[PDB]
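In the model that follows, one finds tamibarotene.
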Amino acid sequence: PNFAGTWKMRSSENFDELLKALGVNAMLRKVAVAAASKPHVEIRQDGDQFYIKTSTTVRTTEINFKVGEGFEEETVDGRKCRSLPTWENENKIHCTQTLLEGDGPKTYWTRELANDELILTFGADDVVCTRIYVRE
Ligand SMILES: CC1(C)CCC(C)(C)c2cc(NC(=O)c3ccc(C(=O)O)cc3)ccc21
């Protein structure tokens, strides 16, 4: 499956509840939720090699990884973590995160390519956030 290209968000669900579950300050969530509404996503892929740039006005993250090989990135709430990308299935990547410093909610994300739509999922313990993207 090809995740490469530029994507824009079609819908988000529970992004605020996610930030709640991760203990983010109501005023920060206000800013985050706002910025997260109009995110721009760039994905360059080469087999298991992935480049994903996510941009908003107040924060842009650039992650690079090889499915099957751990890498370092940040959690949704900015905490630096250790990540473990894996092919859950042919078109879905599952990624487990373990915080480098401190302790917190068990988090992970999963990116799935389904019907030319990119389904992004953020988990913070029991809370699940679903963000659907379409090819811009
Ligand atoms: C105000 C500030 C600095 C506070 C710290 C946290 C709470 C860490 C934070 C998080 C975001 N996150 C996003 O903007 C975002 C956009 C798109 C996606 C996605 O769909 O991939 C995910 C997250 C934006 C701003 C901030």
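Residue numbering for chain A follows the PDB entry, covering 1-136 in order. Method on record in the header is X-ray crystallography, 2.8 Å. Reckoned from all heavy atoms, side chains included, excluding hydrogens, waters and symmetry mates. Order of appearance sets the numbers: ligands from 1, and atoms from 1 within every ligand.
In this PDB structure, the PDB entry names the chief binding partner of tamibarotene (ligand 1) as protein (crabp-I). Entry annotation: chain A, source organism Bos taurus. Checked against UniProt, the all-trans-retinoate-binding residues of chain A with a heavy atom under 4.0 Å from tamibarotene (ligand 1) turn out to be: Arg131, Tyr133. The residues of other chains having a heavy atom under 4.0 Å from tamibarotene (ligand 1) are listed as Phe15, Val24, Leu28, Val31, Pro39, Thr54, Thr56, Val58, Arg59, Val76, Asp77, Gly78, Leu120, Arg131, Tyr133.
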